[PDB]
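Figure: structure with vincristine.
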Amino acid sequence: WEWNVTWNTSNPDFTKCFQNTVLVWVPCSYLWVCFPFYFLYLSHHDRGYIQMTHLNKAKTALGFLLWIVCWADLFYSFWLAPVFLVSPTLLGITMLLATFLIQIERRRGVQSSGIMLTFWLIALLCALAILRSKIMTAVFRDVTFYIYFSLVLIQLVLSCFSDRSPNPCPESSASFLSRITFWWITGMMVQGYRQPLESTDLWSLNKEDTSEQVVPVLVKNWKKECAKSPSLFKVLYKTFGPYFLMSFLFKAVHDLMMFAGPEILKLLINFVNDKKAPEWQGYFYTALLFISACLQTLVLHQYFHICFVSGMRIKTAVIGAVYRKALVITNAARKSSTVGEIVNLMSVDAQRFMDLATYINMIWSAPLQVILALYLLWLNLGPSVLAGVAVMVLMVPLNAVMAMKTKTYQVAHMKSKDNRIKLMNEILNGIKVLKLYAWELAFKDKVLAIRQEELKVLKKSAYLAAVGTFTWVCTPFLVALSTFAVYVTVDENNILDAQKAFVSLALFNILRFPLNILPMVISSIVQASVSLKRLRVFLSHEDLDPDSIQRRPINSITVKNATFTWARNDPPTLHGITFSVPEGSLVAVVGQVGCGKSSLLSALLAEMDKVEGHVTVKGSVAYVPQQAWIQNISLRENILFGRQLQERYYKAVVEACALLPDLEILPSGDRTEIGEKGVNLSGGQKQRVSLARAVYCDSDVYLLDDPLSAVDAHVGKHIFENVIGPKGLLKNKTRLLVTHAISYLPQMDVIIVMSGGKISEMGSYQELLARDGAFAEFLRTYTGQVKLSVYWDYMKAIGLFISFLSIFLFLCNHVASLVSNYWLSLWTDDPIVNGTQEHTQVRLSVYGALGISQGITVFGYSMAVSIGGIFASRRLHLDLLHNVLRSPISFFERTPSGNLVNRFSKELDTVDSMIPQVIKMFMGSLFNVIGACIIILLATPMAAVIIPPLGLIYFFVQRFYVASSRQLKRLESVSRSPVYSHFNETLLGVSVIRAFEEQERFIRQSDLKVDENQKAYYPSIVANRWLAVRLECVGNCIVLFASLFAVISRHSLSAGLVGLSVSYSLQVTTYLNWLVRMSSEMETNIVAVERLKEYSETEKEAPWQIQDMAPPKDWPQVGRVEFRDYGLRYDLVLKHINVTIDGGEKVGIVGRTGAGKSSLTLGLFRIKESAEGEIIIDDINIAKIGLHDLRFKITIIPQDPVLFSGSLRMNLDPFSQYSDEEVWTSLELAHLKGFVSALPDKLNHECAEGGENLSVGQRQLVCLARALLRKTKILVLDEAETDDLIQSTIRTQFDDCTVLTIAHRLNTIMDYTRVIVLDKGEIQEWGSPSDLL
Ligand SMILES: CC[C@]1(O)C[C@@H]2CN(CCc3c([nH]c4ccccc34)[C@@](C(=O)OC)(c3cc4c(cc3OC)N(C=O)[C@H]3[C@@](O)(C(=O)OC)[C@H](OC(C)=O)[C@]5(CC)C=CCN6CC[C@]43[C@@H]65)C2)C1
Ligand SMILES: CC[C@]1(O)C[C@@H]2CN(CCc3c([nH]c4ccccc34)[C@@](C(=O)OC)(c3cc4c(cc3OC)N(C=O)[C@H]3[C@@](O)(C(=O)OC)[C@H](OC(C)=O)[C@]5(CC)C=CCN6CC[C@]43[C@@H]65)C2)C1
Ligand SMILES: N[C@@H](CCC(=O)N[C@@H](CS)C(=O)NCC(=O)O)C(=O)O
């Protein structure tokens, strides 16, 4: 090895000894170090054995022949040089290891072998180098090498094809090349462009990615850890750590390869410096740069794939284990953890684990990258690098402090947003009463105040985000300027050549990311630490005793000397209970409140903690809980409960529970979506469903914990007759019922009466009555791409001046960056005379000036984008609120309240906290690309020939990525919510699930939902990897072309220009993809703006204030109402209405369901526009008057009074227009002075959502107080205990005012003269009740 023939000569030939030693030791050596390690994977991971195919044999036969040929050399050598013995033997032996390896790979079922392929690629390159040398030298030993090379080439070609296998995910069947360069998802991207993607188009999860695979492994490892009485981290890295080990390896390789880049750039700069260097050296350097960049791309995205897959495995396993634990944990643990905390364990903790696994390897990669970059910068610049290190040491803690303060601001913003969302939910749930009361402006002002607090904290967060963008963008320049200034100023002979400038710039750009992610990674580790503590606490919770009850398959229920607890430390709730319930007997638990009736049924289900005794419940148990648990599935599936539908049995169960009227009122019948999310049901209906579900399940033992609490007396008696009674559906079933109603007690076979959780003289009804003891005492007790129009809409919401100022500032920022780097290039070209550079302080001053301009302009554009985002969020929230409050009631009835809430929640978030940062990221990911391309084209104009082709590539790739990514993302977005929702359901009805033994069915359902979520999430991240690989190699193909054109025209190019072009190309690589990912984020984020502005063109209500035809104060002077040919369409509910209500004349409206009674009040308040009608109050038409005016001059007491959160005074007078004396007088006149004076907060009593603290009677009297305080001449009443009080109060002082009354009860309407009867909208009778009869 000497430099004359290998590097100095125009023919780069390797020496003969080098050829025969190192070029042969490289490939053989690769297989020798990998072979042992590869058994780990081959053994731990198995997939069967592949059959005998021609391909596998072809490879094995060529491996045999190749070994022979290599040993044939040893034979000829045996037939002087020491290398002519060891090298052929070694090659033969490693070849024998290669053929054995494909053999064992066949045995272990691997279709594509990364090792064999790479190994053959390295062998091929080594053979190619020797081949070229041997063909340039020119029989004896050469022909053996030609045979070796041809066989190696054919072996390499064979190794690319995938062998036979031993809507699935194509990742498995994918070849090694298809796996490293993600190609099995190309079909998904093309399909997503051509057709919309649905959940039916998504591939089935990998068998190792499925919940049924990952969750049991974690559960087993947790069981092992808990048996060794517990570290959840130990379990986590014992279960997923093995798989994550490869990411660590890939992470290291990427770090080394990414530092190779600046070294090769240094070599290229040195090559351009000397004009006597052979050109092949420059082509070798650019090939090395291209190869290292492409390798770094591959290993990096393989590392990312491993990290993301491991994060999935962790999230799925954690979710499954949490679900199973919740299915097994005891009542004390559930009481400790509430409900939202457990769902938080299922959502935020598992998501934190996944997001952490994405970047946790940085906790070591970032320090190692920093150390390596600092050492290379030292090698370049001496001790002058300490200035840049000092700048970094200043900036990184600054970034951490700003991140902590941003977290504080986000906590405050979340609190204020939750307040706003609560207020908006109460506004939407009660918008009818708001519009009827003309209260839209007051609640608008309330929401605006909450949003003002939210916008203040958002503005502070925006200031912080702008400073953070400034620091992140301008820290590389600060480091470069500090190190360059110190370098040139400490020593006059410190020459700043291109080698010491642009290589150092590349090193600073390498340093930029790790420094910025290290604080974030440490914060993520701390958050994952607290989340891991929460998960470990939940998974260490006490498990319920499964055998607490004997659960004997088919004296039916046996309890002897059994005492139960609700907690180990807590005293017993049921002391010394004994009773035997025979098969097919009706037993009623009897007691007072807090006696221990429900505790008995909980104890029979192994929900109580049994401190002593023996319970032997025989056969299946159907539990009807006191608090009805309703699944969000349809009512039919609620009753079925995952059971085969039997039409006769179902249709016998539904009416026996008297569920037929409930089915009739509900829109879709039994297919209606009952539950919290769907249609809400009354308590009695929920008890009916629960009882119907229990009856359909057809158990032998029934535990009915007060099934008839909320059903009415007639409905309850009917239910008992057809279901629970001896002549009902459950005649032969053992029914244990908890009741406090005597009506059905004589029909009960056995009455278990207890007191204070103790058995107290149980027996039959007649015998217990005869005994005259405790029972007698008890009885005596009583699509396409988002349009540019919405981008322009967001730009206008920001403000055209702010948006265009930010665009100008960003353009100035990158112009300054480009000019600063060009100035550095000119600086590096400064000649050396007398050992120094003449122009240093001028160059340094201009570099610093350009950097200061860049910094102030970066701060400027970050400020402009951040502030414009605040402005846009304010404008969009105001417009959305105004449009919502102006839209008619029909709009709220039509549109589900879910999407209306999803406009003020999430969508505002996307607009205010996400869109500005995505805009900032896109601007950079775009102008970094533009500046790099401009620099490359200006330095090497010929590089314009590769801009079109690669650009075309970019186009197509971007297209497919975008056209699929959003779809995948939206699929992911629709899959995450059900899982937690399901968990919530499982947390609410865990007692029901345990009693019905449906734990496995719900575990499978949770596995399904998670698997659907992961089936949406996996294609998304693999899409990210696909886009990256393609466009990063595209950017790396440019790096190649930029360096190649630099070496082609090196004689007319300076070293500074070459270094500049190559450095800028090195980074355009890390951005062409981020440019697309950010374009996709823009497309998927601007839709939020589109959904915010969608109620802007819908039909709105008539103007609230006309101000041209406004009425005079006291417009209803007497309140003379006249319906002149009124017609209202909800075809016409109201028709031919010609009635006249005189001023101060009491008038009521009677009619059956389906008449226009209520719709008539909607006519008075103009809720629905008059299809044909001229309602006139006194001498003024209603339709001409603005809405607010009439809504203020007419008052209405609706069916269910809606009390809004806040003080009582804000309920009575939201505008605070009426004085305190008027409020006090009205409250006293409303029979409420005694109660209202009782609250410690006086008039400022904080009533919760809907006035839950207040009683129904009180809320009704508060609504009456509102109407009384209004002091208007026209009042409407909507009637459904306190009825005597509200009726007397409406009859007390409102005799002066004209009162319309719609009552479903004839008793009250009889008092009012002039009754109007509505048959089907027509006026059936118009006269006084005396003329009625
Ligand atoms: C409110 C502060 C905030 O939270 C910080 C910051 C940005 N957040 C929004 C959240 C977010 C981040 N990534 C995302 C990718 C897609 C969608 C959202 C995000 C990011 C993150 O990873 O969070 C975990 C992040 C971003 C960049 C970043 C380092 C960084 O995390 C340490 N880089 C600086 O170090 C920039 C970058 O150019 C770089 O590193 O250049 C050397 C980076 O490109 C590469 C090759 O990585 C990237 C990535 C999108 C590409 C385009 C240009 N832009 C500029 C910023 C940068 C980014 C968190 C907001
Ligand atoms: C694959 C799709 C996508 O890439 C995922 C997801 C969103 N992306 C858009 C890219 C993006 C992200 N951040 C940004 C910040 C500015 C500009 C762009 C982005 C984010 C990211 O940082 O990527 C690296 C991200 C976002 C949120 C997120 C977790 C998350 O990534 C870990 N949340 C969970 O923590 C949400 C959040 O509300 C929350 O805490 O919810 C309980 C979160 O609030 C906090 C305190 O963090 C935040 C952050 C801005 C606040 C406002 C409301 N929104 C809702 C989503 C959330 C975010 C990437 C699209
Ligand atoms: N050079 C960086 C590259 C990491 C990188 O690409 N940056 C972020 C993006 S901010 C990332 O990890 N991307 C993951 C993704 O594709 O979501 C390293 O040291 O790994």
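Numbering of residues begins at 1 and proceeds along the displayed sequence. Keep in mind that the numbers below use all heavy atoms, side chains included, and drop hydrogens, waters and symmetry copies. Start at 1 and go down the list; that is how both ligands and their atoms are numbered. When the header is checked for method, it gives electron microscopy, 3.0 Å.
- Here, the model contains vincristine as ligands 1 and 2.
- Going by the PDB entry, the chain with the most contacts to vincristine (ligand 1) here is Multidrug resistance-associated protein 1.
- The binding site of vincristine (ligand 1), defined by non-hydrogen atoms within 4.0 Å, is formed by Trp472, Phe513, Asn516, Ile517, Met520, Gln917, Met921, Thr1070, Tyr1071, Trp1074, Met1078, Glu1081.
- Source organism of chain A, per the entry: Bos taurus.
- Within a heavy-atom distance under 4.0 Å, vincristine (ligand 1) reaches no UniProt ATP-binding residue of chain A.
- In UniProt's N-terminal ordering, chain A has a heavy atom under 4.0 Å from vincristine (ligand 1) in these transmembrane segments: 10, 11, 14, 17.
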